[PDB]
*Asks:* 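Here it is, the structure in full.
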Amino acid sequence: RXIXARXXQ
Amino acid sequence: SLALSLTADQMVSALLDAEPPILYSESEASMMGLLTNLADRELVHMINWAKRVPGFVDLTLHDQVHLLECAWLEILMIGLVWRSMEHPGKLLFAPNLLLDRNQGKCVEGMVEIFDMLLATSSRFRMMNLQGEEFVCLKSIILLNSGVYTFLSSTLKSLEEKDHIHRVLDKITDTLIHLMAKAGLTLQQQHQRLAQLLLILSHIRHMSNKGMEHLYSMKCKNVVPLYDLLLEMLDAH
Ligand SMILES: C[C@]12CC[C@@H]3c4ccc(O)cc4CC[C@H]3[C@@H]1CC[C@@H]2O
């Protein structure tokens, strides 16, 4: 459920 | 909506400003260990470049993510191949890493992918792609890969779907505007637009073999555990 999700935001 | 007013100049500028920086790099395990590490590392400036692509943040946190999981390998190679373009016979993965055809055969089934990568660089070269053209293509690719694998059941992802086409259409004008600059007939112009756009599809094909290959090397536990890269895999 994320890094992709946190960097993109 | 901001994405749709900017012009072929106004546009080709932001696609330029967003450009990621040339990332330097650092047995079959090791070879793959190597491109994985660059691949993982590029895979962050890719995200960052995606956001500053007009129309993207306009997209949805969920659609943003899905375009990226769809297109990530495609953008790596469109970029790979472009970097590789003035290096006939070679894939300029980084500056400090100029891999060659035969170096692709340090990995199982890898050479062939390389072989595809290289031919597009050839194409792009002999066709003489320009950065502006490329930034264009790259965004197109980001926008069109995951476009027709959405969850088109929510009328909010049916806004989203037709948005992308509008953008995508704008982008193609941009390209057009661009090609008109060179001074080609309107034949040669859209003779071009068809030129690039096809290649993309060979890039989808390449991304696809590539995505299978990556997944297999995962299986053999021959790729490091680059958390981000790995999670790019685990959405296919
Ligand atoms: C995905 C692979 C590792 C990452 C490689 C890479 C790594 C960095 C980059 O800028 C482009 C590419 C395209 C080819 C990719 C490879 C094709 C098969 C392999 O799995």
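Here is the naming used below: chain letters follow the sequence lines, and residue numbers restart at 1 for every chain. Method on record in the header is X-ray crystallography, 2.8 Å. Every number for a ligand or one of its atoms is a count from 1 in the order of the listing. Both backbone and side-chain heavy atoms feed into the values below; hydrogens, waters and symmetry mates do not.
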*Asks:* Write down the drug found at ligand 1.
*Replies:* estradiol
*Asks:* Identify the main binding partner of estradiol here and report its name as listed in UniProt.
*Replies:* Estrogen receptor
*Asks:* At a cut-off of 4.0 Å, which other chains have heavy atoms near estradiol?
*Replies:* B
*Asks:* Which chain positions lie within 4.0 Å of estradiol by heavy-atom distance?
*Replies:* B/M32, B/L35, B/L38, B/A39, B/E42, B/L76, B/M77, B/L80, B/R83, B/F93, B/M110, B/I113, B/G210, B/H213, B/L214
*Asks:* Map the residues of chain B touching estradiol onto UniProt domains and name the domain holding most of them.
*Replies:* NR LBD
*Asks:* Which 17beta-estradiol-binding residues annotated in UniProt for chain B have heavy atoms under 4.0 Å from estradiol?
*Replies:* B/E42, B/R83, B/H213
*Asks:* Can you pull the source organism for chain B from the entry for me?
*Replies:* Homo sapiens
